[PDB]
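What follows is a model of Vascular endothelial growth factor receptor 2 carrying bound PF-00337210.
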Amino acid sequence: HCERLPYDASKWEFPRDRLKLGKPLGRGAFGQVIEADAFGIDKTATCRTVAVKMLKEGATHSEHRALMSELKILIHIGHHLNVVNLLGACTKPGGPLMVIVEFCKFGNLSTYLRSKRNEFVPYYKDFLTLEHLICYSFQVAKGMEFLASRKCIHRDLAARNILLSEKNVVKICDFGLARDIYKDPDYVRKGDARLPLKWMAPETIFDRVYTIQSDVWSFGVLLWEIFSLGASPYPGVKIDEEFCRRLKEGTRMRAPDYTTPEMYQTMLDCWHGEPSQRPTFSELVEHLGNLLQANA
Ligand SMILES: CNC(=O)c1c(C)oc2cc(Oc3ccnc4cc(OCCN5CCOCC5)ccc34)ccc12
């Protein structure tokens, strides 16, 4: 019910003429993310590279409404290190709606991890390590615990929706309309929609129920993505009626190549058939904190 949420223009509004738009970072059918240089958006008179989400040719007012609600919910949620951080917006009549967020150096985590297979050691500068992987996992859990505290749920948690910034900081985001879900293999046709079936809890697939505990299921799939270094979930499996049936039966993914035993058990915990029996994000924060310390 985001339509009732406030937009404080005096706080958030940024002039369009102080935003210099550049190269596209991601494009969907109706939306896009573009790199930009913003003059004095978060620090007085200093240029800052940012990312801005806006609509594309083909978009209608319905997509405009959706982007406005997205802005409003980001304001409601507020700032956390592990959520993509809202810097401002351009909402004034006479131009397109633009939502401005912090630029994350390395882009989406799925593509990044997939690029580091030859630059990984469990325990070499700029090499990824097991510590990095557990650290990213811990950070996403922290971000999701925060989102839950704001009475919000994600509904599309996956490595493609995690951003990697400098100093190994990861941030939860949602590309949304800026992703081409009709062309993206991660989204499968189900009824009158294209859905991320491989990341979805059984109750979401079968009953269309979305809760923080279905986000926990998705977090388990995310963990699998991290510890496979960006592999595609359910390798060599056709995503059809039989897949969904077997999933409800209790079929689960095998351990990914770079996992630890306790990380794999954590995945299995997140994939409990009963939503209430899955760990909470607060439990996951505690556990992954312990695992990160045990690693060091
Ligand atoms: C709920 N709202 C949102 O999630 C988002 C809003 C309002 O704007 C966004 C913009 C997003 O895209 C990016 C944000 C911040 N930084 C990004 C950096 C990107 O790529 C960096 C450059 N890459 C590095 C890797 O090699 C290729 C080039 C791509 C996309 C980026 C993601 C998510 C959002």
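Chain A is numbered as in the PDB entry; the shown residues are, in order, 816-938, 996-1168. Side chains included, hydrogens not; waters and symmetry mates left out as well; all remaining heavy atoms used. Read the numbers this way: they start at 1 and go in the same order the structure lists the ligands and their atoms.
- Counting all copies, PF-00337210 can be found at ligand 1.
- Considering only non-hydrogen protein atoms, atom 26 (O) of PF-00337210 (ligand 1) sits nearest to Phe921 O, 4.8 Å.
- Residue, atom and distance of the protein heavy atom nearest to atom 9 (C) of PF-00337210 (ligand 1) are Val916 CG2, 3.8 Å.
- Among residues UniProt marks as active site in chain A, the one closest to PF-00337210 (ligand 1), with its least heavy-atom distance rounded to 1 Å, is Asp1028, 9 Å.
- Most residues around PF-00337210 (ligand 1) in chain A come from the UniProt domain Protein kinase.
- On a distance-only criterion, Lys920 and PF-00337210 (ligand 1) share no N/O pair closer than 3.5 Å.
- With distances taken over non-hydrogen atoms, the option nearest atom 1 (C) of PF-00337210 (ligand 1) out of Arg1051, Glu917, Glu885 is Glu885.
- Remark: minimum distance from atom 3 (C) of PF-00337210 (ligand 1) to any protein heavy atom is reached at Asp1046 O, 3.2 Å.
- Protein heavy atoms are found inside the 4.0 Å sphere centred on atom 15 (C) of PF-00337210 (ligand 1).
- At the top of the distance list for atom 32 (C) of PF-00337210 (ligand 1), counting protein heavy atoms only, stands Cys1045 SG, 3.7 Å.
- Counting protein heavy atoms under 4.0 angstrom from atom 29 (C) of PF-00337210 (ligand 1) gives one or more.
- An N or O contact shorter than 3.5 Å is missing between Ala866 and PF-00337210 (ligand 1) by distance.
- Residue list (UniProt ATP-binding, chain A, heavy atom under 4.0 Å from PF-00337210 (ligand 1)): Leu840, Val848, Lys868.
- Residues with a heavy atom within 4.0 Å of PF-00337210 (ligand 1): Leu840, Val848, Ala866, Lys868, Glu885, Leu889, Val899, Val914, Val916, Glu917, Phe918, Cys919, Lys920, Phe921, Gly922, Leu1035, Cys1045, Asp1046, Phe1047.
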